[PDB]
K.L.:
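Drug: HBY 097 | Macromolecule: POL polyprotein.
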Amino acid sequence: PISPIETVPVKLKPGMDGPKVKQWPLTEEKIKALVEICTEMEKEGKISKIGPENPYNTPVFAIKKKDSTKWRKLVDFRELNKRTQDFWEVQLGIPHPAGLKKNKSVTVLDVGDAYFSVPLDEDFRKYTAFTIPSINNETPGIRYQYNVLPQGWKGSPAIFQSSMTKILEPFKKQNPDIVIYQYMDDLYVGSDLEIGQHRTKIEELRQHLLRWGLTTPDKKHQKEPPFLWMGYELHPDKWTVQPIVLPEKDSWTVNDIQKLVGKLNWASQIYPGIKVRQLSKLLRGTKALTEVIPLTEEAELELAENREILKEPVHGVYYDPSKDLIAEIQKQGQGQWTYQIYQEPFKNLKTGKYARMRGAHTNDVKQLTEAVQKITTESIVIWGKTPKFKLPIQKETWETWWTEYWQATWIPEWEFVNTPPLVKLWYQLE
Amino acid sequence: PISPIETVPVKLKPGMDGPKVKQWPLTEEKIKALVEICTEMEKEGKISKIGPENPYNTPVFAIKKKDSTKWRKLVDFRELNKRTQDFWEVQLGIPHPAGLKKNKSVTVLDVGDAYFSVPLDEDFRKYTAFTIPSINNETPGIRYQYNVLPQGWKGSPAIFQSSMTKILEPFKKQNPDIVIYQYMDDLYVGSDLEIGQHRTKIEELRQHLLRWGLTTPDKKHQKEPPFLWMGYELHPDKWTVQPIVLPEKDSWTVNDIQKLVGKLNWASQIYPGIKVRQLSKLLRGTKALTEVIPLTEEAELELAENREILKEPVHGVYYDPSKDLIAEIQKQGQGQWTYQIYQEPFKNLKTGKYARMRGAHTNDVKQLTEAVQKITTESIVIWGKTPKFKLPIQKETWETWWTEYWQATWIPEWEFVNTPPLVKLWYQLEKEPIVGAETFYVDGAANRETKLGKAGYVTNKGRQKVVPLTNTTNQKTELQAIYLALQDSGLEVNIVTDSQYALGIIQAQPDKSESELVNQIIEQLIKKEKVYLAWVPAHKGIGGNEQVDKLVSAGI
Ligand SMILES: COc1ccc2c(c1)N(C(=O)OC(C)C)[C@@H](CSC)C(=S)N2
C-alpha cells in the first residue's frame with residue numbers, strides 16, 4: 001500500500017555528494033537470503049529496483065539477530081550518516097538524557113520495523129541505493145533504492161521522532177520515573193525498580209507499543225547457561241571500575257621491581273606525578289636477576305603513596321561533544337579483553353574489562369566482535385554516540401568474519417591496529 | 001533499426017551545460033565521406049538532422065583506419081563525457097573462470113553496434129550535436145544529432161548493459177535453465193542441451209533480440225569454440241591463456257620489467273610455483289620507465305626458473321558445487337608462498353601467491369595466516385564459499401601462537417599435511433626469568449650524525465665488553481648488543497634492554513630475514529636452551545642502565 005502521507009525534504013551538506021561505496025563480496029547462503037528478503041520487501045512497496053542513472057551505493061549484510069534462525073538485512077549506512085545526518089545531528093537531533101547512565105537498570109529493544117510504514121522523500125531516495133552482489137560477478141549487481149524510511153540510517157529515527165514521542169506519551173505519563181532514549185532502531189528504557197517489577201514494566205511498554213501500532217518489539221527467548229527471557233538487560237549501576245591492580249604479593253625480586261617500574265612509567269603519562277625514582281634506586285647496582293632483594297626505606301614511600309593515586313583518579317573528567325570518542329580494545333588473557341574509551345589520548349573517560357566464559361565457543365573473533373558491540377552500547381547509554389574503534393585485528397580478516405556474530409542493528413566506524421603495544425599487562429588500560 | 005525499449009533519464013552534472021565546439025573545417029574528400037555515413041545513418045534513424053536552434057557542437061573526426069576499405073568516422077565526445085552525470089559502475093569486476101560450471105555447449109554473440117540500436121533520452125539528444133561545413137563553408141546547416149547510444153560516450157555502456165539486462169529477462173524466463181552473461185560487445189550464452197536442441201534456442205534468442213532492434217549479422221555461432229576472453233583461453237571443460245610469451249633481452253628497462261612482472265603475475269592463476277620475488281624486488285627504485293635496471297644473479301635464477309614452468313601448457317578445471325572445495329598452501333621461502341585450490345585431486349581449479357612485501361621481518365605463522373586470508377577472501381569473491389584448508393602446520397604450534405600473539409585471527413576448517421618446508425616455531429623466549437642463568441644488562445647507541453656506534457653489555461658478575469661500530473644505525477647497535485649478549489653467554493641467558501624497539505622483533509619470532517644481523521640473532525636464539533628477555537626504560541632507567549650507556553658513549 002502506497003501511503004499518501006507527506007514527507008520531509010532531505011537535503012545534505014552541499015559540497016558532499018552521495019555514497020559510492022564498494023559492496024563487500026558475500027557468502028552464497030547470505031546472498032540468497034538477501035534476495036529472499038528484498039523480494040518480499042519489494043512487493044511490500046518498501047524498496048524499488050533502479051537503473052544506471054543511480055551511481056550511489058551502500059553495503060548490505062546478512063545477520064541472525066533474533067536467535068539465529070531468520071536473516072536480518074543489515075545496511076551499512078555509515079557513510080550516508082556522515083554524508084547527511086551530521087547536519088541532521090543538529091537539525092532534528094535527538095538529545096541525550098545524561099542520567100540514563102546513573103540509572104539502576106536499562107533495557108534495549110528493536111523499534112526498527114516502526115519506520116517502515118512511513119515514506120521517504122522522493123528526491124532523496126536515490127542516495128539509499130544498495131547492491132546485492134552476484135557471486136563471481138556472474139550476473140549484474142541487483143540494485144534497489146528505499147522508498148520508505150531505512151533501518152540502519154540515523155536520519156530515520158530523527159524523522160520518526162515526532163511520531164515516536166507521541167506514541168510514547170501515554171506510557172510516559174502513567175510512568176514518569178522511566179527514561180526513554182532513541183538511538184536508531186533501538187529504544188533504551190531505564191528504571192530504578194528491581195528486576196521482577198521492571199520486566200513486567202517492560203512487557204507493558206512492549207504491549208503498549210504493539211497496541212498503539214504494528215510497531216513490534218520482536219519476541220522474547222532464552223540462550224546461555226543461567227537462562228534469560230526478555231530484551232538486552234544492562235545495569236549501569238555498576239558501570240565504573242579501576243582495572244589497574246598492582247601485584248599485592250609479587251614485589252620481592254629484581255625483575256618484579258624492574259617490570260613494576262615500567263608499568264608505573266607508562267602510568268605517568270596518565271596519572272601525573274608518580275614517584276618511581278626512590279624505588280628504582282635499589283636496582284641501579286646492576287645486581288643479578290631473580291635475586292630476592294627486600295625493599296628499602298625511602299623506596300617504600302614511592303609505592304604506598306602512589307598506590308593510592310591509583311585508587312583515586314580525577315583530572316580532566318571532561319567530555320567534548322565537538323570531538324569524537326575513540327575506543328580501543330586489546331587482547332588479554334584467554335577469555336578476557338580490555339577496552340578503553342578516550343577522546344584525547346591518556347585522557348580516559350571509560351575503562352573496562354570484557355570477558356566471555358572460556359569454553360562455550362573459545363573463538364577469537366566472536367569474542368572481539370562481541371566486545372565491540374557491548375563496548376558500543378556502553379557508549380550510547382552514557383553519551384549517545386558510537387566510537388571509532390582501533391581494532392587489534394587484520395583489516396581483511398574482520399571484513400570477512402564480523403557480520404557473522406553481529407547481533408546489532410548499528411555499525412560503528414572502525415580502524416585497525418597493526419602495532420603491538422607494551423600496553424598489555426596482567427590487567428591493562430590506556 | 002531503432003529499439004522501442006524505454007530510455008533511461010540522463011542529466012548533466014548539476015549547474016553544468018553541454019559542449020559548444022564549433023570545429024575547424026576540412027574541405028577534404030573526408031567531408032563527403034561524412035555525409036556518406038550520416039545521410040545513411042539518419043535513414044537508419046541512428047541520428048537526425050536538427051534545426052538551427054540552440055543545439056551546441058561536439059567535434060567530428062572524419063578519419064578511417066589504415067585502408068579499412070569501409071571509411072568509417074567517429075565523433076569524440078571527450079567534453080560531453082565531462083559534463084554528463086555519473087552512472088553505476090559497469091566494469092564492477094569480471095567473473096573469474098576459476099568458479100564457472102561445466103557446460104556442454106556455449107555460444108557467443110557479437111553485440112557491437114548494438115549500442116547504436118539502443119535509444120538515447122529525448123531531453124538529452126541536443127548535447128550530442130554536431131555540424132559539418134563542406135565546400136566554401138557556405139552550407140553550414142548539415143547539423144546532425146544522435147538518437148541512440150553514441151559510441152565512446154559515457155552513458156553508453158552502463159545503459160546498454162541495463163537495456164540488455166532488461167531485454168534478456170523475458171527470454172531468461174521462458175527457459176530459466178539456460179544462463180547468459182554479457183560484457184562490452186560479447187554475449188556468452190550457455191546450457192546443457194544437446195547441440196541441436198541447443199543451437200536452435202540460440203537462433204531463438206537471436207530473433208528475439210532482432211525483434212527489438214539489436215542486430216547479430218553473424219548467421220550462427222561465429223566465434224570459434226576456443227575463446228580469448230580478457231586474454232583467457234576458454235574451452236568447454238578447461239581454461240588458461242594460450243598466448244603467454246615473454247621475450248628475452250639483455251639490457252632492459254623499468255618499463256619492460258613492469259610488463260614482465262605483470263605478465264608473470266597474470267600467469268600465477270594456473271601455473272603453480274611462479275615466483276616474482278627477486279623479479280620485482282629490483283623495480284623498487286624511484287620510477288623512471290626508461291631507466292635500465294641491471295639484473296642480479298637471483299633475478300636471473302628466478303626468470304629461467306619461471307621460464308621452465310611457463311614453457312609447458314597446463315590447464316584449469318571448472319567448478320561443480322556438488323563437490324566440496326579444498327585449498328592447499330605451501331612455503332617457497334624468502335616470504336614467498338603458493339596455493340592451489342581444487343575439488344577433485346590434481347584437477348587444478350586455480351592457483352595463486354602471497355608475499356609479505358616492504359614491511360620486513362615477520363613471523364612465519366603470521367604469514368601462513370595472512371595467506372589463508374587472501375584465499376578465504378578470493379574464494380568468496382569467486383565461489384561464495386570458504387575452502388577446506390590443507391596446510392603444513394602442527395595444530396599445537398597454532399594453538400600456542402594465537403594464545404601468544406597480540407592481534408586477533410580465525411582460521412576456519414583446516415587439516416595438517418606434510419611437506420619438507422614445514423612451518424614451526426623454532427624457539428620461544430622464556431616467560432619467567434631463568435634462575436641459574438647469567439644476567440646480561442645490555443645497551444647500544446650511535447651518534448646519528450656520525451653513524452659511529454658502540455654496542456655492549458655488563459653482567460651480574462661484572463663481565464663487561466664494548467665493541468665499536470661504524471656506518472651503522474642507532475637501532476642496528478641496539479640489536480648488535482643483544483647478539484653480543486647472546487654470543488658470549490652460555491646455553492640459558494637473561495638479557496635486559498633499553499630500547500622498546502629492540503624487544504619487539506625478537507618477541508615477534510621471525511626467521512630467514514634478508515637482514516644479515518637478524519639471522520645471526522635468530523640462530524643464537526635457536527641454539528639457546530632458554531632466554532628470558534626483559535625491558536626497562538631507555539633514559540631515566542637504572543638497574544644497571546645507569547652505567548651500561550655511560551660505558552657505550554664516546555665522541556660528541
Ligand atoms: C568456453 O566458454 C565457457 C565455459 C564454461 C562457463 C562459461 C563460458 N560461462 C560465461 O559466463 O561466459 C564467459 C564470461 C566465461 C558460463 C556459461 S556462458 C553463460 C559458466 S556458468 N561456465
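Protein chains get the first letters and strands the later ones, always in sequence-line order, with residue 1 at the start of each. This entry, so its header tells us, was determined using X-ray crystallography, 2.7 Å. The basis for the numbers below is simple: all heavy atoms, side chains too, and nothing from hydrogens, waters or symmetry mates. Read the numbers this way: they start at 1 and go in the same order the structure lists the ligands and their atoms.
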K.L.:
Using a heavy-atom cut-off of 4.0 Å, which other chains touch HBY 097?
P.N.:
B
K.L.:
How does the deposit refer to chain A?
P.N.:
POL polyprotein
